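The PDB entry numbering applies to chain A: residues 27-305, 314-491, 518-638, 665-695, 771-963, 981-1180, 1229-1418, in that order. Order of listing sets the numbers, starting from 1, for every ligand and every atom in it.
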Amino acid sequence: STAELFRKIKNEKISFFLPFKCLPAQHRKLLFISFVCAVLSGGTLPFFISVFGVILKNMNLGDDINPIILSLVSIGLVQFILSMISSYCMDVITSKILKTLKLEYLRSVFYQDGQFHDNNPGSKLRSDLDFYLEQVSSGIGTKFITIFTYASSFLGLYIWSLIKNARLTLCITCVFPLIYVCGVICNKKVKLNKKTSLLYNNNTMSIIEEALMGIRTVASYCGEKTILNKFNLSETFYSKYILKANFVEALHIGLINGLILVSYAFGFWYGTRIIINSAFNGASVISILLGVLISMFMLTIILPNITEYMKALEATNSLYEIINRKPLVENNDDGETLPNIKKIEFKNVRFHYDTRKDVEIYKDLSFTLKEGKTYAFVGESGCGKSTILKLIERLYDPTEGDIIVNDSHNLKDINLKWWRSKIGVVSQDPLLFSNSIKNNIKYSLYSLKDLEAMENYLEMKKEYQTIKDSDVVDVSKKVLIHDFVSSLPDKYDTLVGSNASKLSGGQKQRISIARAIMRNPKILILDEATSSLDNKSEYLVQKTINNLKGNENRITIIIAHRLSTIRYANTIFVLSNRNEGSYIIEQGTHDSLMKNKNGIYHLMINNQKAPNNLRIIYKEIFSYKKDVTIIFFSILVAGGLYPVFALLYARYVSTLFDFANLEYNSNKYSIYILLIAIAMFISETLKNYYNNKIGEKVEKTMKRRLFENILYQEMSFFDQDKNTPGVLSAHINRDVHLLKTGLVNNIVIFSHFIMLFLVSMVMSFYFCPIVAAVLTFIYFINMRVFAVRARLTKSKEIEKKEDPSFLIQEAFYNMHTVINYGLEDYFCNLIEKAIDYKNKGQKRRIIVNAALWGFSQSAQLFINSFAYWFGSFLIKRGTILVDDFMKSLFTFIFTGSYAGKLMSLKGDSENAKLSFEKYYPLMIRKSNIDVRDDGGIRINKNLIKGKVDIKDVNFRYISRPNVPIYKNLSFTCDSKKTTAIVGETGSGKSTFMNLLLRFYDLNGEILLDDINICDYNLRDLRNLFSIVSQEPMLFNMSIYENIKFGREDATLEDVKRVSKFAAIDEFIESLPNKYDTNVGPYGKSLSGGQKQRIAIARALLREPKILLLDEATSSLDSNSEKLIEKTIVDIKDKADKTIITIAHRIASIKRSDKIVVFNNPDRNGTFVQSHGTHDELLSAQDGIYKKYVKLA
Ligand SMILES: O[C@H](c1cc(C(F)(F)F)nc2c(C(F)(F)F)cccc12)[C@@H]1CCCCN1
């Protein structure tokens, strides 16, 4: 509501002048012109309406109308022109301020403190800005000035009507407060139910996602239906509450079209009463009612524009605070500068992350750096040398340390600009621009050449070309890139690729090295200079760096990661942190640091050295007969009895200028209006409600089919990539709500529209055929051939989608490269390439789009005037009477207006019809693995031993049909004896389980009691197993139901019993709602041990004839570990249970009766190698069991 935001803004006092401040003084009054070019056009209707009654008095009495027509059309023309001016003004102003705020935002982005660069990652900002623009590019345009026109019209109409007659309109305007009251009272009761409706939807969302993620656990226990039931029981409440909301939503709508007619009737009635009591004519009564009515219409169209304007205001306040965010590390020029940089001293460098405020990395980084020295440094792959170079560059500052230089001055006194100026940097990867080869090289010295002109006298702009192509030649010859660049065509012309994508990487690193060399730093630094080079080119680069022109004044720090290239070094401060801070463990030269001791550096140098589909829907819709016929009848009644108002209004005008027999006529004609209103109420009520009552059922019978078919689909369908839970949950919600909102909201509208367009047109021919043909021709050539709004919105939206669309995107991925140089060189390379291409097309676009809007506001006036002229023309020569014309006219006009009114309620029809074909196969797609298909032998769960056998297997996934996984497996497990499996970790041990449970089918042969697997009625085959994953999963149901998952019929006492083996049934008796406390989503409200014990209890409740473990106690404490192992051995002691395990401790393997082993000689599969160690013969020959006892 507007009052909400008004009370909000009342206290902070945002300036309503705020968007209009990035403007010169010239645009202060080009704006002001449009103030007066949009108040005059509000004083138009008070003239038309004030002559409206006089025209009718003048036509049905004999006299002529010609002066008033010419008095009117001139005002129409000046309205056209005054409407044409304002568009051209306002759009230009908006484009200007829109450009300028963007160009301020880019600058403010380039002045973040380094920490903020890490806080908000990159392209998010690029995705934010544009969004805010489309909240303000189309929210302060012409639809701001449309306020004042309507306000002026309101004031003029009401006050003129009041001075002409006051008691009448006072007696009329006493019904509209009751509309506002009903509106708020209905809005309350709508929100109160809508929020509960929303509340009962996220539950279903969770039930879908959490169930699709952990899919195979559902298939193993066969717990499909106990999710469907919860889904339906949560869906029904949503349906009923949203229908209760739609009822009140439709009642108010159907009501507002009922009181306006009472207003008309009482108005005319009291008018005739005062006319009779007079002894003020009748021409002064037709206008008062229309004035008071269209006056209070403008208060329904002003407010959305105010909302959008406040929205633009808050959007701009959400951006100027970004532009007014100050960094801590400023690139000012207030800092001083030494003659040259001497003796950069470090001492106790301390710093923590501003995000994580309890983690330190450095303690005592401290050493000296003075000109004329050579060095060599190396760090581990987790040091944070990035932090070191960032602090050299001053992206951050320490917390306790110091950057003392020359033992007299800290870095804070030194100019950051001068500091980065005299530092050549090279980084890890070649992520460079796409301008050209040389332009990455000659633009560097700008960072210094600005100083030639900034402190001297803009001469900076002209000295760009002054740096010629001289140094590229020699700096290319040095790094040996001269050979290649002089070989391929377009030597210094073929640009470095799009975001550095065309040429080789190491050669782009040579370009970076040339940048560092050419910019003439007093301190030339390199970091990861030679990270991934070959031998000879690296050595030549080394020879280039250590012996540049005049190496007596420089500090040639180098950080390589190959240890055969740290040969020369005045000192090698290699460090370690073994964790609250590093410290330099190693100190010395290359020769006196490897042979020093058997230390860390010693180890380092040692190691390296079609239409059917939709008539499905229509078939579904053509079965609920009790709700189709009612909608049909309401459509008939509305379409039939709205036009009757027109020719009941005409007869009431023609009978007004007859002083005789007036009382009876009034008493007879007002009552029909009353009755028609009482019918229209009920019609619009029962029309806008069963629409949604039919919309609901199609959704909640399609969602059922989808979510019921998806569960039974085989596992290979889920193994694919596109079959992701996110997209599959996105479909079921979005496209189904579109099938509701899109389709049935565009089958009723067409029917009602066609009903009106037939009945009104036909019984408009019958009274005056000569006028109707003209009118239809006019509106035909106007709408379907000169669609002003269509062409306007098209020409808008095409060019509103939008080389400023190319440089901006690639200028953020290289945000670390722009800091090497280039801060304003691309502040002033986008202004040009914007302004050059805006205006040249903008002129034509805006002049056309302003003329087309100025035409649209003053078209009905000319048509109406022409109609009145053509009507009073024929009547003079005695061809048609007056009443027939009035009847043929009012019906057409009012019905056209109403038909255009309700037409603007459609929804998205095409995209829903499109998506229905996307997801139609899924509710019908064949899976060829169905738990329901029960053709096969039943597994009676009493005659079972558990003898598994493997004849031969050669299996491979379809995800890659190139990697063999099994090379002729063969082993057995006889009866009620453990068979442990010890092998290489990651060799694919936990895959045979999936084969056994028919998650995949067969290039291999598995037997159960010497019987094939495909003849078992697999529901029962999954009824006598129980697995244990690495981590179980706990759904959002109760602990009672989590344990009872799979088997619905079970007592709480049995749960208390089987919960004893897991030894967890004491913690549960430590809090209220013991077997009722609902765990959180994904089991995030409990521990890991509790989770596994609950999973074990769930597996044991079923009385599983065969057990299948996997990674028993990978992370549990010894207590729960030995309790579990106690359960294992105790349950092995009894018969009637064959167990198979995959352990990682001899503590359990000692009880193994046969220990089968898998090996991986070469990466092409596995096969059995060992059998029968049974803890006695650990290695009579070679094996891995010896390894897994001597390591254990
Ligand atoms: O049919 C009515 C209508 C009124 C007026 C008014 F009298 F205010 F100048 N002008 C309309 C115009 C006009 F072009 F502005 F004259 C076009 C279509 C409908 C108009 C309104 C339009 C908005 C939806 C309700 N009917």
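- PDB records name the drug found at ligand 1 as (11R,12S)-mefloquine.
- The main binding partner of (11R,12S)-mefloquine (ligand 1) here is, in the terms of UniProt, Multidrug resistance protein 1.
- UniProt numbering, N terminus first: transmembrane segments of chain A with heavy atoms less than 4.0 Å from (11R,12S)-mefloquine (ligand 1) are 1, 6, 11, 12.
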